[PDB]
Amino acid sequence: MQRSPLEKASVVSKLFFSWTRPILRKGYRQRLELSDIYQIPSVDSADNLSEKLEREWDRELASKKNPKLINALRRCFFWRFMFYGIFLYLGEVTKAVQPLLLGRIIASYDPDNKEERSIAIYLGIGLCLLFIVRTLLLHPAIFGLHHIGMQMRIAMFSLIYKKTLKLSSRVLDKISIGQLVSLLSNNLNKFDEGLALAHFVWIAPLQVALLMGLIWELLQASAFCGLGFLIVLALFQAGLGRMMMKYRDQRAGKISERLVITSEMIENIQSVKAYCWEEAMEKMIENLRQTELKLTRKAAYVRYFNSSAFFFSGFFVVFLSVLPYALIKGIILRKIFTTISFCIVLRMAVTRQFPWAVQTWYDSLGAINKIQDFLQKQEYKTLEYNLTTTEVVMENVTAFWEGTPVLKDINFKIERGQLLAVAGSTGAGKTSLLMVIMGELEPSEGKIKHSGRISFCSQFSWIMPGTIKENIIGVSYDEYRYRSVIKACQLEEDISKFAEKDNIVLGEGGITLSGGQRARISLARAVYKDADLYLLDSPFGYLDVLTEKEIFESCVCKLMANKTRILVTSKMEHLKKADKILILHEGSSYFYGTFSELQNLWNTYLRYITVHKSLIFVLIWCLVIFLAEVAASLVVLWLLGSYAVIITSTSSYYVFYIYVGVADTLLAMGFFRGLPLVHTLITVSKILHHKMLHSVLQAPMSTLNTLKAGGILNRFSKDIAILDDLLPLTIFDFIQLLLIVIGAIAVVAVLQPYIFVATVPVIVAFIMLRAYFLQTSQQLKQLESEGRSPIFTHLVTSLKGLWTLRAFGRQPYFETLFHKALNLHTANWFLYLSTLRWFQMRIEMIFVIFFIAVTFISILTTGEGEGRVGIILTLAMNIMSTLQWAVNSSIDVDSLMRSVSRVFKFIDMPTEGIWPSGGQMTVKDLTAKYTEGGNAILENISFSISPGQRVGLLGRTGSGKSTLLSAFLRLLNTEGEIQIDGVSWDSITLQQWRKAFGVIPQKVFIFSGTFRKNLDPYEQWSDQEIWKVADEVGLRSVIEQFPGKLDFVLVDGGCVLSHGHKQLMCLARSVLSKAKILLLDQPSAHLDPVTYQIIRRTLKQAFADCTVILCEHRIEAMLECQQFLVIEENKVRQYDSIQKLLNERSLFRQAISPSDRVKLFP
Ligand SMILES: Cc1nn(C)cc1S(=O)(=O)NC(=O)c1ccc(-n2ccc(OCC(C)(C)C(F)(F)F)n2)nc1N1C[C@@H](C)CC1(C)C
Ligand SMILES: Cc1ccc(NC(=O)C2(c3ccc4c(c3)OC(F)(F)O4)CC2)nc1-c1cccc(C(=O)O)c1
Ligand SMILES: Nc1ncnc2c1ncn2[C@@H]1O[C@H](COP(=O)(O)OP(=O)(O)OP(=O)(O)O)[C@@H](O)[C@H]1O
Ligand SMILES: Nc1ncnc2c1ncn2[C@@H]1O[C@H](COP(=O)(O)OP(=O)(O)OP(=O)(O)O)[C@@H](O)[C@H]1O
Ligand SMILES: CC(C)CCC[C@@H](C)[C@H]1CC[C@H]2[C@@H]3CC=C4C[C@@H](O)CC[C@]4(C)[C@H]3CC[C@]12C
Ligand SMILES: CCCCCCCCCCCC
Ligand SMILES: [Mg+2]
Ligand SMILES: [Mg+2]
């Protein structure tokens, strides 16, 4: 990774962009490597840009009553922005005066024009210098504006992320992940290219004033008749832009709603497969796409008329201004052609450059104001303190999540070094109590007083990407402390069974880990940090009795006996070793005191075209009409082979020049062709999205584990939007230009078969340079597109762990990691944008030398009479002016076609592919492994389950209990044989095999949607049945506390619910499914013994029949099981009674609670 060559480039090298030569030569022959990409220039580093704009934005907040973000942007970039505007203007003025020189050179071919001939050579010298100046003025200026826009985007994106880490929890409900991704993705490439267009909001009016005075010289008052037509088009295009904005704004809300639902289902893909919810989720997303695709089409129709105004105005603007003059006095062909030359530039300013500039300001200012509102949102108030009385005291705190208070009149005092136990039922407010202490939930009444040093362990374990060792420690590294906590947390046994010991690369959310392993890593992280108060929100949920006992008596009670700590626990054996006990019920303190006190009381193009047959028929329809237009032109043109229009034998060559200047209107695609073309291009994107989503839900789990969350969102957000908005119009413009060039050459070749010969050297030169450039351009665009994924990945993980980020104070670390993602994307994007400027500058320089060669040859060969070489050659160069536009348009199409190839790559992902009456199942030689060629988790497992009995699956955390349950459903690589009721799993199809099971996953899955939709996504059960199940599982009181009884929309994964309420939701689904074989993966993870009775009574009433495989850790749930399966050292051991199982194991029964002990051994 070498230093940027721009740093030491010479002045001439900067001007011509010659410093890009090394990578253009390397990428042509062989593929680019990681070492070929240079570092970013220091000026556009994210760190420097963020500090610059932040320093100026703070001045507005302290100097003006109405702080504006645009004023801070002006103070940073205005003078460079306006500096490039004057050179862009001068290049366009050089363009406006070209017909003054070129028109006289063309007139010198007529022997009658003796005045033009006398100075023809001097006009050639001036014309050549005109071309050179224009080339050197435009391209450096346009690239300078591109660089300013890139720096503006980077600076604004850093401020957005820094604000995100400060947002208050009360506004987090209203800010979804889809909203933030939409804001970033929409401006990722659009914003940077916009600054090249912004200056035309004032350049174009000045061009119109200049050109109208030159047209006035020819046609005195008749000129204004053509201007009035352009004013009508200007008002028409202004109305089109306002309609397009209206449709786009209405569509924005549905796009954000789609992205959040798409992210949720792919994160929980394993639960989706186990439930067999692929069909329901596809139909759910399909209805969201349908509503937003209607607004896409209406916007696309309006944008057709906006982009067709240029081509259709070519004839009428000239005709309206030539006709009144010709009727009063005769007009010569020379004067007609000169009017056309000026009007070509005039039409470009009015109908192409100005409205695009106006729309750019609407887009940029719309995004700036949207970001400005985000930067002023409510901020998290950190009430940190330097010191205290070394104790924490709470005084009659009442809190609301907003009419029922979550907490009321809570008070307690905890002296230094004491342990407080928090008890209660499900939904009693035990988690909310800890949120208020942290300052994450502001109370409406009461006060809290303690020191600022707090350590926090969440009930929902969050794992940041990186190393296991990197998760436990912060940026500091104390080896003696690291070994201490790892031993006390019982992590040594699990670490020794890993390929990298403790240097394993964990994914986002720790997919590769077990449920209880994530709990231990979350607990070890909290105890490693030095603090005054320790908040532990039930870390013993997913742990067995033996591991729980060891950790409690060796880490909580031993390593931190002299530090204040609060423990949420439902075990009576933990209460006996706590200094004080608090019992919550409905948010009220049911009891406060001591224990004793309580005791007493290339191929992408072809595949894109042929995916929909309707597109092929529309293209043929366009082709047939085009042939008739060319044929009609031939007839009328060949037919031409005091009068209103004066023609002479020596002036007849102007006829072909006039045709070329108006060919863009005769060959324009009318609404009979433009509208159906754009309409059918949108149906292609509709089909591709359905195929892409379908294949993702069908891929094997091994493939999906390698995909990162931000790489999934990158394709479904950015690429899909490109196929909807940009590609249909970019293809239309390319097709229009190609037909114009093809038709113009075809018409003049048959009548004059030397123009076709003269244009071959120019055509081949353009094609050869295009082929050379595209070898490197396609690789850089691929690297830049893949550089957007790390930005989205970092955004997702920061929102999921926001509370843990603030608690441990690691905000500066995450801000630095976000700058790495920005700098990584900038390196590829800047390099891609630089080589593109080289190509577009060279394509114009190639045009210049051919025009210079033509100019001098034409003038010198023109003898005393006539001169035919100049007539032919100057016509050929007029045609090649349009091909230059077509070639540049072809590069834009190929840039967008990279998004098509990335979509097809996901579609090509491989697919993973009265019977249930008894429930008997036999297993033979089952071997389970997560990856092919990986280590096995289970080996040669064999057992049999008789029909109708219940089985207890036991074992230590991380032994492979969840692996065994996943092996039944073929969620991993299996090598055994399983026969349910006599049929082998190989014979019957996978889709039928999984439908025989009713599953309760260990990881609960709740998506953004109605209560009714979560319980029943296929809508196959009535409301009465749903309420009937809600009675059995105890969910009526939970539902009725919400405004909508089965109509309330759950958001953010159901954050409104408590942890134990999500368990009852998963129990409700299993009872409603009514499957013969049931696989329950610890259905009572955090329930207190009171709520566990709901599981116990459902186990014998709803599941009175059927074969039930329990996977519980609590000993009380083993009284109902006939058989027992014990996993240890990758092997299953079968028992027939619980007493014989515990007879052989001493340490296991030493950890059993005395209450359960007497129930097992009377
Ligand atoms: C080497 C190298 N390899 N690569 C990848 C980049 C580089 S380069 O940037 O160093 N040079 C070139 O790349 C380069 C520089 C100038 C030119 N010019 C074409 C006309 C022209 O006249 C200029 C003109 C008289 C109009 C005036 F001057 F008056 F304006 N000049 N062509 C260049 N090319 C080299 C090949 C890659 C293809 C080709 C022919 C287009
Ligand atoms: C009076 C004025 C002068 C210069 C600017 N712009 C700039 O200096 C820069 C810029 C910013 C956004 C852009 C843009 C260029 O080009 C775009 F891509 F189109 O978007 C170089 C930063 N802006 C204004 C202005 C407009 C509108 C409102 C206000 C206001 O104070 O309310 C101020
Ligand atoms: N996707 C995966 N890829 C690789 N290894 C995995 C994966 N999922 C789990 N493992 C590993 O396989 C082993 C067993 O997994 P685990 O779910 O299966 O056991 P468990 O008995 O269910 O644990 P717990 O009681 O904590 O839920 C562990 O070492 C775990 O780290
Ligand atoms: N973000 C929230 N917005 C609104 N209500 C909430 C929110 N979080 C929790 N609640 C509600 O507040 C009550 C208590 O929440 P909960 O976390 O706090 O208690 P808990 O004792 O920790 O329960 P559990 O044992 O299930 O973890 C419940 O009625 C729950 O539905
Ligand atoms: C960029 C702008 C502000 C430059 C100046 C614009 C105006 C003042 C210029 C642009 C073109 C100019 C005209 C060009 C040609 C002629 C014909 C000549 O026989 C009389 C002057 C006259 C009619 C000029 C008058 C001034 C004019 C209309
Ligand atoms: C150089 C381009 C400046 C563009 C200024 C846009 C108009 C701003 C008007 C003031 C806000 C209402
Ligand atoms: Mg809780
Ligand atoms: Mg498990």
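Each residue takes its place number in the sequence, starting with 1. What's counted below: heavy atoms across the whole structure, side chains too, no hydrogens, waters or symmetry copies. Note that ligands are numbered from 1 as they come in the structure, with each ligand's atoms numbered from 1 the same way.
Most heavy-atom contacts to ligand 1 in this structure come from the chain listed in UniProt as Cystic fibrosis transmembrane conductance regulator. Among cadazolid, linafexor, tipranavir, telmisartan, elexacaftor, the molecule seen at ligand 1 is elexacaftor.
At ligand 2, the PDB records name the drug as lumacaftor. Contact atoms of elexacaftor toward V848: 26 (C) (distance under 4.0 Å to a heavy atom of the residue). The protein atom (non-hydrogen) at minimum distance from atom 38 (C) of elexacaftor is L769 CD1, 4.3 Å. Heavy atoms of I849 approach elexacaftor to within less than 4.0 angstrom. Proximity to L24 (heavy-atom distance under 4.0 Å) selects the following atoms of elexacaftor: 5 (C). In terms of protein heavy-atom proximity, atom 31 (N) of elexacaftor is closest to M845 CE, 3.7 Å. Polar contact check, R25 against elexacaftor: no nitrogen or oxygen pair lies under 3.5 Å apart. Atoms of elexacaftor found under 4.0 Å from any heavy atom of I132 (numbered from 1 in listed order, with element): 27 (C), 29 (F), 30 (F). At least one heavy atom of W838 sits less than 4.0 Å from an atom of elexacaftor.
By the definition of a contact as any protein heavy atom under 4.0 Å away, atom 36 (C) of elexacaftor is not in contact. Closest to atom 12 (C) of elexacaftor, if we only count protein heavy atoms, is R842 NE, 3.9 Å.
Among protein heavy atoms, the minimum distance from atom 41 (C) of elexacaftor is reached at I846 CD1, 3.9 Å. Within the deposited model, no covalent partner of elexacaftor is present on a chain.
UniProt transmembrane segments of chain A, counted from the N terminus, having a heavy atom less than 4.0 Å from elexacaftor: 2, 10, 11. At a distance under 4.0 Å, a protein heavy atom can be found next to atom 2 (C) of elexacaftor.
If you check which protein heavy atom lies closest to atom 4 (N) of elexacaftor, you get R21 CG, 3.6 Å. The site surrounding elexacaftor, defined by heavy atoms under 4.0 Å, contains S18, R21, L24, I132, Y772, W838, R842, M845, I846, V848, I849.
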Any protein N/O atoms within less than 3.5 Å of an N/O atom in elexacaftor? List the atom names and distances, or say none.
from: elexacaftor; atom 1: 9 (O); to: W838; atom 2: NE1; distance (Å): 3.3
from: elexacaftor; atom 1: 9 (O); to: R842; atom 2: NH2; distance (Å): 2.8
from: elexacaftor; atom 1: 10 (O); to: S18; atom 2: OG; distance (Å): 3.1
from: elexacaftor; atom 1: 10 (O); to: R21; atom 2: NH1; distance (Å): 3.1

